[PDB]
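The structure to be discussed contains flurbiprofen.
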There are 2 protein chains.
Amino acid sequence: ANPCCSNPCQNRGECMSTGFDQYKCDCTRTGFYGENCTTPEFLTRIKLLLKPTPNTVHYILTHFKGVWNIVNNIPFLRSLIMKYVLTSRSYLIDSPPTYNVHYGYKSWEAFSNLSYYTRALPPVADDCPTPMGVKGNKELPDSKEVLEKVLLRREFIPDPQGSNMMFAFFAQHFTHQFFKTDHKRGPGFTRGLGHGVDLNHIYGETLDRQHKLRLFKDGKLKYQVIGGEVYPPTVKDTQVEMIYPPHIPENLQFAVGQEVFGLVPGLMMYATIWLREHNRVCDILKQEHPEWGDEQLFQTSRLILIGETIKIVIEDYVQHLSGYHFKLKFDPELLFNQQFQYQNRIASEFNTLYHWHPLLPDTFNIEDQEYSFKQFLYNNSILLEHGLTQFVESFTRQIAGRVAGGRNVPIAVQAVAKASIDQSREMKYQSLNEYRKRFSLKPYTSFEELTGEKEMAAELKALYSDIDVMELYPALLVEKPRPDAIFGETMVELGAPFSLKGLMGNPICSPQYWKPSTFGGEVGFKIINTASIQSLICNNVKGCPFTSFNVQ
Amino acid sequence: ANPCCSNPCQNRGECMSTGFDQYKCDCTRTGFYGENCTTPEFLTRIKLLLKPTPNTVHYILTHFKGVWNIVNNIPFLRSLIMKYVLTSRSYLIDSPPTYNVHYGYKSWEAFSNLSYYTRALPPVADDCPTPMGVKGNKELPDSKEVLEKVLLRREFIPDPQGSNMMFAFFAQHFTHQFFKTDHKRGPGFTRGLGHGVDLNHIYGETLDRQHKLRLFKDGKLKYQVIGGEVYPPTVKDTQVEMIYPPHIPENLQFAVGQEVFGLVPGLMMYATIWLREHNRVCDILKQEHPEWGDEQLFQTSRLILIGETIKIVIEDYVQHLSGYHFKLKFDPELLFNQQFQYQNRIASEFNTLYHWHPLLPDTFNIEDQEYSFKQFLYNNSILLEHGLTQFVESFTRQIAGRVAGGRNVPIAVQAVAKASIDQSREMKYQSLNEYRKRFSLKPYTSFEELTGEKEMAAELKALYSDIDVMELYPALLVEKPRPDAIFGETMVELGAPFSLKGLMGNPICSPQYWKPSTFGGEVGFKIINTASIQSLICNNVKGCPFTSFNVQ
Ligand code: HEM
Ligand code: HEM
Ligand SMILES: CCCCCCCCO[C@@H]1O[C@H](CO)[C@@H](O)[C@H](O)[C@H]1O
Ligand SMILES: CCCCCCCCO[C@@H]1O[C@H](CO)[C@@H](O)[C@H](O)[C@H]1O
Ligand SMILES: CCCCCCCCO[C@@H]1O[C@H](CO)[C@@H](O)[C@H](O)[C@H]1O
Ligand SMILES: C[C@@H](C(=O)O)c1ccc(-c2ccccc2)c(F)c1
Ligand SMILES: C[C@@H](C(=O)O)c1ccc(-c2ccccc2)c(F)c1
C-alpha cells in the first residue's frame, strides 16, 4: 500500500508519499536529482570517478608498512590523515538524529525522546506487503534455520588477526555502557540516556546509584580488600541493585555500577581495573590539589577516566581491530577547524552489528584451568582464586574467534544470536543491500559474492532466494572477511562512522572542555594524553603484566 | 579562602586553584597569555583595534535608513550580513554547556543533568568572603531598598519604541516554553528539558500530557466551540493538570498545555491562536496527504509550527525589539557552511535578563474597558466576553512600558522583582561588570555612567558603594537606554547571543531536517518560510485584524 515501501529513493534522498499510490523524492543536498535521485550533478560525477572503493583504501592502509612507518613520524601528515578519517566517516551519520523504531518520517518525538536507540535507516512501514518492503516472500526464512545452517560453530575458528580475550572482554565491557537495551520497553529502547561514552558502567546511570558506589572521601569509589587486593564493594555494603542468580554467596555479589557486570568474570575484571584506576587518579589529583574537596576530586577524576577511555579506544582497540599500519590519533584539536557536531545518539544498527559473540572461545583458559560457560558465568570466585595478574596474563595469551567468515557462533549463546535475528525483524530493519547503499558500499549481486565461498552461499540462496532480501545481521557474521582479517567490509564500513561519532562527539572533545584546567591541570591532562591499554594494566594490576589486544 | 574568589582570570580564561593560597589561569584559545590572560597575542592586538564597540555598531544599524533600504534588496548582502550576526553572536555561548548553580568547575554532572539551567559565568564559590567574591561589604544592599529606590514605578513610562501589548504577551507566551523554573528544586532548576523552542507550551512537556490534549483525528488538538469560536478544551474534558484558583468555574478552566497559562488572558489568547493554527495546518496537510494517518499529521504539524515560531521570532519579534533598519533573516542555510552547534541549553542568566515586567501597563485596556491586575488575573471570562478579534485590536493599540531607564516596575508585581534580586543572590551570580566583561563589553566605571543620569545613580552608590559590586538584574532595568530604545547595551549584548543560539540551534535548522520532505512537502515548507505575526493572526482570528508588535 504505502508507495514508499520499495525504498525507491536513492543516494540518501528521502521518500514521501504524495497520495495513496504515488511518491516523491527530496533530493536536497544529495548531489543528485531526478525522480529517484539517481542522476548525478556535475561535481558529483567527478567525486565518483575519484572515490577509491573501501577495499582499495583498505589495501593501501594494510600494506606499504615501510611507507606508513615514515608517515607515522611526520606529525603534519599523521594529523592530516587522522583529520580526514574523522571528518569523512562522520559525515555519514545524521547529527542531530532522525528516525527510530516507531518513526520512519522525521518527527519531534523521534528527536526528543532519549529512550529510543536512533536508526541509520528508517524502519519498513508496518503496512508493506513483504518484510523488506516489496522484494521476497511473505515471510523471512526460519531464524532457527539460518542460525543452524550458517551461524553456529562446528569447529572453533581463531581470528587470523590475533585478537585475544583482553580484546574481547574490553569490547564487551566498553560497549556495555551505551548498549543497554530496556527490555521492559522493547528492543529499540535504551537505558543508557547518555548515548555515548560517559562511563556510566563504572559510575552508574543515575545520581542515586552513583552516590551508593561513592566513598565521599578524596573523590574515591567504595572498595574492599580481599587478600591484599582491591575489588569492588558488596551489594550488601552498598545496597546497589545488581543482577545475580539467587544462589550467589553474599560476599561475592560485587557492585561496580553496570548491573549486568556480575555475570562474567572477564567483565568483573575490567570493572575492577577501572575502579582501581579511578581511585589512583584521585590520589594524584589530591596531591596536586590539597584544597580540593571530595566532589571536585570525584568529578575531575571521572572526566579524566573518560579521556583515558577514548584515548585507549582509538589508539589501541580500534588501532588493533583495524589492521592499519597507519598510527591512528586521539586529538580533539584535529576537529577545531572543521564542521563537526559535539553530540551523539547510539543507533540500533550499531548495537546490532556489535554483537561479536564469535569472539568467544569454547572454554575460558585462565592459565592452568579450562572453564566451560556454565563454570564461568556469574562465577566471581574464579576471579578471586586466580587474582587479576593471572587473568591478564592468561587472557592476553588466549586467541578469540574470528567474527566474519560464517559458522563461528558458540552454541552456548545460540539463543542470543537467534534473538538478534528475531529482534532485527521485530524492529523492521531494511535489507543488507539497503544498508550497504546507505553507507556508500556497492550492493551484493549474489550470496556467493557476499560469502566468497560456495557452500554457505548455496545454503543461504535456498532460504532467502534473492540477495536483495538478505538480512543485515546474518550477513555481517557470514560475510567474506578482508584478507587475514576478523571482519568483512560491511562490518567496518557501518561500524567506523557510528564508532567515531560516539567517540569524538563527546563534550570533553569540544574546544571549551579540551584544555588542562578541565582536568585539574597539566598533570591530569597528561594522564589522558599518555593513556594506553598497557599502562592501564601496568598502574593497577599487581605485577606489571604485559598486555595487548594481540596474541603474540 | 578559595584563591579564585577575586575572579582574576580575564578574557574568558579559566581559573583553577593550585594549593590553598595560589591560582593558575588556563589561557587556552583565548588569544591572550600571561598570569591573568591579560596580555594579547599579536593577531589579537589587531582584532581589538578593528572591533567597533557595541554602541558604534548599534548606531550604524539604526541610522542610514536609505542605505539599509538598498542593502535589504541585495540578497547576496542581506544574507552575508545575517550570516555574520548569527556566527559572531553564537561564538559567545559555550556549546556544549558548562557550569551551573552547583558547579563552578567543568564536571560531568553539570553537563549531563538536564534539570539545571546552565550558567554563562560560574557561580561565586560558597566560601568567598563577600557575595561578589572579594569586593564590597559582607552583605549586599537590602533587596526591599533597591526595589523601592530604583525599580518600582511611580509614573508609567511608555516605551519610546512603540512596543504594544501584542509584543509583551508574545514575549511572555514564547519565553514560557523554555523558562519554567522548578520550584520544588530551587531557582537554577528547569522543568523544560527541551531547553529551547520545542513548543511544549502548546503540546505539553510529557507524552502523557500531549495525549490528553490530542484529538487523535486528523492530527488535531482537542478544542471546544463557544459562540461560534474555537477555544481550548476544559480541564474537565481532558483531565490535564492546570493551575487555577479554586474559585474558577469548571467551564473556564482551559487546558492548552503549559499549566501556568490560565493565569492571564493575554497568555490564553496566544494559546488559542496557536491551537487554532495547529489544527489549521492539519487541515492543510490532510489535503496534500489523504494517505496520512493521525500520528504523522500531528507530528508534521508540530514541526511546521516550530518553524513558524522561529520564523516569526526572528523576522518580527526580534526585528522589532532590535530597532534595526537591516531586515533580519531566518535562513538555516546561512549556517550550512559555518561551524555551529545544533544544540542548546537555556542559561540561568538568560532567564534572569528576560524578566521584562516593566512592559506591563497599570491597567489592561481591552478597548472599551480598563482592567486592573486583580480583575485581569486568572480571568478567562474576559477573553470570552470580548472575543479574540477585540483583544488583538485592543492589544495592538496599547503601548507597553519601557524596560530599561529605571523605575518602571509595576507595584502589582513587586514581589516578583524582589524575588529576582533575591534569587540572583541565592544562585550566587557574579557582578554586573563581570558579566559585561564576559560578553566583550567595557565595564562601567561609575553608577552615573550606568544610568546616564544623576539621581538614581547617587541612590545606588549609597547602597552598593562600589560600581564593581553592582548586581546584574537591577542594572539591566536601571541602565541608560539606547537613544529612543526600550533596552540598554547590557540587555541586548547578553540577550542576543542566548536568544540566537536557542533559535538556530534547533534540530529543524540542521541540514538533515531543513528540507521540504521534513514538513510534508513544498506546501508545508512554505507555511514556514512565509510566516509572520500578521498572517498568524490573519489566518486564525475572526476578522482579519491588523497586528504588529508596534503601536502605530
Ligand atoms: C562470556 C561472555 C559473554 C556472554 C556470557 C554474553 C552473553 C550475552 C547475553 C546473555 C546477552 C543478552 C541477549 C539478549 O538480551 O537478547 C548479550 C547481549 C549483547 N552482547 Fe554478549 N556475551 C558475551 C560476550 C560478548 C562480547 C565479547 C561482546 C563484544 C562486543 C558482546 C556483545 C554484546 C552486545 C553489544 C549485546 C547487546 C545487549 C544490549 O543491548 O544490552 N558480548 N550477550
Ligand atoms: C500579567 C502579566 C504578568 C504577570 C501577572 C507576571 C507574574 C509573574 C510571576 C508570578 C512569575 C513567577 C514568580 C516566581 O516564580 O517566583 C513570573 C515569572 C517570570 N516572568 Fe512574568 N508576569 C507577567 C508578564 C511577564 C512578561 C510580559 C514577561 C516578558 C518576558 C515576563 C517574564 C517573566 C520571566 C522570564 C519569569 C521567570 C520564568 C520562570 O522561571 O518561571 N512576565 N511572572
Ligand atoms: C589511503 C590513505 C588515506 C585515506 C584514508 C581514509 C580512511 C577512511 O576512508 C573511507 O573510505 C571510503 C571509500 O573511499 C569512504 O566511503 C569513506 O567515506 C571513507 O571514510
Ligand atoms: C553446529 C552444528 C549443528 C547444526 C547444523 C545442522 C543443520 C544444517 O547444517 C548443515 O550441516 C553441515 C555443517 O558442517 C553443512 O555441511 C551443511 O551445509 C549445513 O547446512
Ligand atoms: C557594520 C556591521 C553590521 C552588523 C553586524 C554586527 C552583528 C553583531 O555584532 C556584535 O558586535 C559586538 C561587538 O563588536 C560583539 O560583541 C559581537 O561579537 C557581535 O556579534
Ligand atoms: C580507524 C577507523 C577507520 O577505519 O575509519 C575505524 C573506526 C572504527 C571501527 C569500528 C569500531 C567498532 C565496530 C566496527 C568498526 C573501524 F573498523 C575502523
Ligand atoms: C538582532 C540580534 C542582534 O543584535 O544580534 C538580536 C537578537 C536577539 C536579541 C534579544 C532577544 C531576547 C532578549 C534580549 C535580546 C537582540 F536584542 C538582538
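Labels below follow one simple rule: chain letters A, B, ... track the order of the sequence lines, proteins then strands, and each chain is numbered from 1. Determined by X-ray crystallography, 2.8 Å, according to the entry header. Computed over heavy atoms, backbone and side chain alike; hydrogens, waters and symmetry mates excluded. Atoms within a ligand are numbered from 1 in the order they appear, just like the ligands themselves.
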Task: Drug placement: flurbiprofen - done: ligands 6 and 7
- [ ] Look up in UniProt the name of the chain with the most contacts to flurbiprofen (ligand 7).
- [x] Prostaglandin G/H synthase 2
Task: Other chains closer than 4.0 Å to flurbiprofen (ligand 7) by heavy atom - done: B
Task: Heavy-atom contacts under 4.0 Å between flurbiprofen (ligand 7) and UniProt substrate-binding residues of chain B - done: B:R89, B:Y324
Open item on the list: Would you mind pulling out the UniProt heme b-binding residues of chain B that have any heavy atom less than 4.0 Å from flurbiprofen (ligand 7)?
Closed with: none
Open item on the list: What would you say the binding site of flurbiprofen (ligand 7) is, if we count heavy atoms under 4.0 Å?
Closed with: B:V85, B:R89, B:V318, B:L321, B:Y324, B:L328, B:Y354, B:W356, B:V492, B:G495, B:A496, B:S499, B:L500
